[PDB]
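Quick look: FG-2216 on Egl nine homolog 1.
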Amino acid sequence: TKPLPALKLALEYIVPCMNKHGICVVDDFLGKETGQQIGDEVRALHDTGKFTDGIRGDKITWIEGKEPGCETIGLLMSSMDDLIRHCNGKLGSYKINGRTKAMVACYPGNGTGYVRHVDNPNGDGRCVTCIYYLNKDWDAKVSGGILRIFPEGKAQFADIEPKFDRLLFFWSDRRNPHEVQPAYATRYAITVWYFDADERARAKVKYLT
Amino acid sequence: XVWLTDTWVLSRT
Ligand SMILES: O=C(O)CNC(=O)c1nc(Cl)c2ccccc2c1O
Ligand SMILES: [Mn+2]
């Protein structure tokens, strides 16, 4: 098929979807070839021992995007950035002016997960969580690993399967407590957090290491 | 090309 253009995707789906639900899923974000390439790069990082442990049995590594062997991860990151730019400050009241590096995370099966939590509960400036899933042929029925979100104000929770080539946005603050349910296969995800300029400048969190 | 607005999933292709 022909993928929806980035600008149209942002203005006619992501913006309205986020503002209505605070959660937004875009399936088939970059296509099979690019998705599998990202997977090859992440599996290379895992196989070369770049991951280190990060309530949760996750292993993580941070990717700037320019490192040799992470070109396709860099493309993913620039694509996320293009989507955020296209949103043209229509994501709630946020003035988005920065982001973290990419957090590559692995739950190495065997029932590993992440207990229910809020990404940013202390006002540290992160307003949007952006996650890309790269797990080829992942089936929650077999391997679990669902991301369960408990949107505030709603009785029903939202179950997000970590599907291959799947992009997810959600509000990082207390509106969206969430948990990674136990994973029974190797589960890879790439997360970027985007910052609201003013909240971040408030410096509610001071890092000393 | 169709978004069911009561849901939060759409396929780009
Ligand atoms: O992977 C998912 O589907 C959802 N992941 C998370 O919500 C998540 N959140 C945080 Cl804050 C951390 C933080 C550190 C390491 C892994 C995390 C993680 O997987
Ligand atoms: Mn989280």
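Protein chains get the first letters and strands the later ones, always in sequence-line order, with residue 1 at the start of each. In what follows, every heavy atom counts, from backbone to side chain, and hydrogens, waters and symmetry copies are set aside. Both counts, for ligands and for their atoms, begin at 1 and track the order of listing.
The location of FG-2216, copies and all, is ligand 1.
Other chains near FG-2216 (heavy atoms under 4.0 Å), by letter: A. For chain A, the UniProt Fe cation-binding residues having a heavy atom under 4.0 Å from FG-2216 consist of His117(A), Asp119(A), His178(A).
Residue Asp119(A) has at least one heavy-atom neighbour below 4.0 Å for each of these atoms of FG-2216: 9 (N), 10 (C), 11 (Cl). For FG-2216, the polar-atom distance check finds no N/O of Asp58(A) at less than 3.5 Å from any of the ligand's N/O atoms. For FG-2216, the atoms sitting less than 4.0 Å from at least one non-hydrogen atom of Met103(A) are 14 (C), 15 (C), 16 (C), 17 (C), numbered in the order shown with element in parentheses. Contact annotation: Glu179(A) has no heavy atom less than 4.0 Å from any atom of FG-2216. Any N or O atom pair closer than 3.5 Å counts here, and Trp193(A) shares no such pair with FG-2216. The heavy atom nearest to atom 3 (O) of FG-2216, considering only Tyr107(A), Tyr133(A), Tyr132(A), is found in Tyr133(A). Of the residues of chain A in contact with FG-2216, the majority fall within UniProt domain Fe2OG dioxygenase. The overlap between the UniProt 2-oxoglutarate-binding residues of chain A and the residues with a heavy atom under 4.0 Å from FG-2216 is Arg187(A). Of the other ligands and ions shown, those with an atom under 4.0 Å from FG-2216 are ligand 2 (manganese (II) ion). Interface atoms of FG-2216 facing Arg187(A), defined by a heavy-atom separation under 4.0 Å, are 1 (O), 2 (C), 3 (O). Around FG-2216, within 4.0 Å by heavy-atom distance, are found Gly54(A), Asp58(A), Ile60(A), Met103(A), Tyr107(A), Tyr114(A), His117(A), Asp119(A), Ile131(A), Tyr133(A), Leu147(A), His178(A), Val180(A), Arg187(A).
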